[PDB]
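Acarbose bound to glucoamylase.
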Amino acid sequence: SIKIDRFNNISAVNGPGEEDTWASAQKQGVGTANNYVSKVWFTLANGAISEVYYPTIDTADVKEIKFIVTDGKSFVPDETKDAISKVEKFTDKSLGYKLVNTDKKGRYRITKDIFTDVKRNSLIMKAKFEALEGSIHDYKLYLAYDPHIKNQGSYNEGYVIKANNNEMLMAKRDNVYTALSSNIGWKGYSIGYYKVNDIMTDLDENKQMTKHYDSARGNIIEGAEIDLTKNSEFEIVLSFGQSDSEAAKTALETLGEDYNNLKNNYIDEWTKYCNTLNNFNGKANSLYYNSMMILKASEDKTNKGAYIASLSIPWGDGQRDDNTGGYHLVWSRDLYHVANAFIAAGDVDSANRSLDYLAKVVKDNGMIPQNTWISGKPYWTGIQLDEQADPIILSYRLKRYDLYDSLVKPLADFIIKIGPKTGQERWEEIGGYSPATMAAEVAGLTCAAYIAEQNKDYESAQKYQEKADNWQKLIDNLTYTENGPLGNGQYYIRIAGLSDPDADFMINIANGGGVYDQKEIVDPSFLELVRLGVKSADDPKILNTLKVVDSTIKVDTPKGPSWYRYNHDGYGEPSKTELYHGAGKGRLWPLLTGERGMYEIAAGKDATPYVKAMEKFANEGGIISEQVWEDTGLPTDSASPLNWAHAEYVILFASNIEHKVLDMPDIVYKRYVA
Ligand SMILES: C[C@H]1O[C@H](O[C@H]2[C@H](O)[C@@H](O)[C@@H](O[C@H]3[C@H](O)[C@@H](O)[C@@H](O)O[C@@H]3CO)O[C@@H]2CO)[C@H](O)[C@@H](O)[C@@H]1N[C@H]1C=C(CO)[C@@H](O)[C@H](O)[C@H]1O
């Protein structure tokens with residue numbers, strides 16, 4: 001098809017380069033074409049493109065793609081740390097992004113347009129450089145591509161080719177190839193070793209490109225100078241392929257297309273999807289649409305239904321670039337909630353697609369594993385009973401009684417075989433009797449019985465409901481303490497280590513949280529009892545727990561109220577200037593703000609302030625993180641966007657309008673709470 005010419009004139013020296021890391025998990029935006037053809041996902045952080053995925057949503061191939069500007073004399077500022085970035089989407093109904101990075105010293109201004117090719121596997125970035133002060137002739141612009149092909153930064157192979165007289169910077173590892181090209185070509189290129197002789201180091205030592213290596217292997221950085229005199233506004237394209245030819249050809253095809261045409265096609269495809277969702281009598285707002293799009297963009301395009309928790313690697317800029325699943329893995333719990341958001345938005349198709357994925361997972365593993373790669377292969381192996389129950393609950397709500405033999409029955413039988421105690425509760429750290437987990441188990445088994453009757457399996461139905469009723473009746477006896485050290489000493493505890501919530505029992509908190517008596521730990525997750533319809537919102541035991549929870553783990557931030565997952569949580573940054581590396585201090589979860597909002601609705605109260613609080617917790621790109629700081633309410637370096645938190649916002653937003661808990665299974669509610 002095309003003519004490619006590979007050359008090796010000068011090989012980078014002093015390899016293999018320094019160890020690298022992943023990008024900051026705080027994202028300004030994320031996106032992908034709304035079709036299964038273009039298997040490319042991108043994320044933005046610190047004013048630049050961060051991780052890029054291909055060919056699957058759990059395969060990150062890039063760390064960064066940023067600009068370095070210099071006067072070729074004194075300064076060398078990195079836009080990702082020396083410029084203020086402002087982000088905005090092309091429109092309220094498209095995951096296209098416009099970044100405007102203005103030098104902290106007001107010397108330059110870089111504006112970018114980022115999105116993908118709806119027809120091919122390539123990422124597009126239109127950029128224009130502006131000299132705020134002085135002449136554009138006094139500045140040099142350099143692009144720095146940091147590849148981490150197939151989930152690893154080490155041993156990346158870099159070289160340069162020319163496809164149809166087009167100099168493209170190539171990067172490869174195993175079967176994944178990337179091609180970096182410019183619509184106006186490169187004024188100069190080089191493939192050096194990270195922190196050794198890469199573009200960044202070269203510029204810090206010469207204030208201008210000195211090395212011009214065209215080959216390297218290891219932790220590499222593909223640098224290239226942009227010819228400003230030729231054009232201050234250019235187009236950069238990053239293409240993927242299973243070979244040099246494919247990748248390079250894809251880059252040529254995208255570049256040969258009309259920019260505005262590709263941009264509009266990308267925007268329209270997303271606008272079409274948005275306009276397919278409920279707008280709640282014109283009430284639907286930008287965050288609603290932003291959330292739903294983000295959820296839609298979190299599905300793998302090969303293994304449909306596989307929705308990941310988050311398209312980021314938490315505290316990634318603090319972890320070695322080794323192969324990690326980060327949060328781009330599939331959790332039955334998170335998917336369940338994401339499915340409910342789709343349901344509430346009107347996109348029942350996505351929800352069903354996710355349910356079928358779970359069916360697949362169950363078929364391959366005989367049960368629901370803690371979490372799995374999109375392939376369905378288990379990542380971690382803890383035994384979470386709520387994750388065994390959620391897919392059953394979803395089956396009921398989607399009225400997919402056809403999945404009884406392959407999904408419901410096997411999961412229900414499993415649950416009855418090991419329940420009600422769980423290997424670990426929803427925070428994935430400790431086992432025992434958890435009110436949140438038991439709530440899910442009772443709701444799950446109730447749903448299982450309903451589906452069993454639909455399949456005329458009255459025997460199983462009876463067996464399922466009896467177990468559900470028995471466990472429903474034991475919740476208080478197993479998890480409600482009346483001998484607690486907090487408040488009036490009466491409340492649901494986070495988790496009972498044994499069949500006696502009043503007894504003394506020491507538990508070990510994860511992430512270095514310490515050791516405490518079970519009765520000392522409270523968790524807002526108890527609200528799952530009312531959320532699932534297992535307990536009434538006005539149940540005095542619920543009200544009593546609420547008092548203790550708000551007295552011990554509620555924080556009113558300048559953005560609104562939020563809660564900790566539980567007292568002594570250590571899953572977070574240890575300090576304002578340190579990243580999480582296994583042990584720190586858990587922070588506030590906007591996810592829990594929404595959950596409280598949903599409880600308030602069940603209690604017949606206005607949840608508007610909770611809706612507003614979540615909106616304020618969102619960053620400039622309308623993205624909600626897993627955790628926020630107590631003092632400012634701003635995002636931490638935890639995962640973002642946290643799809644579960646976005647799903648919660650959608651359901652809360654809609655529920656606050658409809659004045660009812662939209663995701664509560666009526667069958668359970670009418671049997672235990674009504
Ligand atoms: C994502 C998850 O991260 C935390 O839990 C995991 C630890 O970080 C891992 O290191 C591993 O922990 C093991 C220890 O390293 C080992 O020394 C021993 O103590 O056993 C540990 C358990 O295997 O695995 C942990 C997962 O079990 C964090 O504590 C946990 O809360 C985090 N889960 C959240 C993320 C999602 C996805 O959006 C949701 O499903 C959960 O509800 C969240 O709580």
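Here, residue 1 is the first one in the sequence, and each next residue gets the next number. For ligands, and for the atoms within them, numbers begin at 1 and follow the listed sequence.
For acarbose, the heavy-atom contacts closer than 4.0 Å come from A309, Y327, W331, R333, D334, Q370, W380, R426, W427, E428, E429, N511, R565, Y571, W589, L642, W644. On a distance-only criterion, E429 and acarbose share at least one N/O pair closer than 3.5 Å. In terms of N/O distances under 3.5 Å, acarbose is not approached by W589. Looking only at protein heavy atoms, the nearest one to atom 44 (O) of acarbose is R565 NH1, 2.9 Å.
The shortest N or O to N or O distance between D334 and acarbose is below 3.5 Å.
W427 O, 2.6 Å is the protein heavy atom nearest to atom 31 (O) of acarbose.
As recorded in the PDB, the organism behind chain A is Thermoanaerobacterium thermosaccharolyticum.
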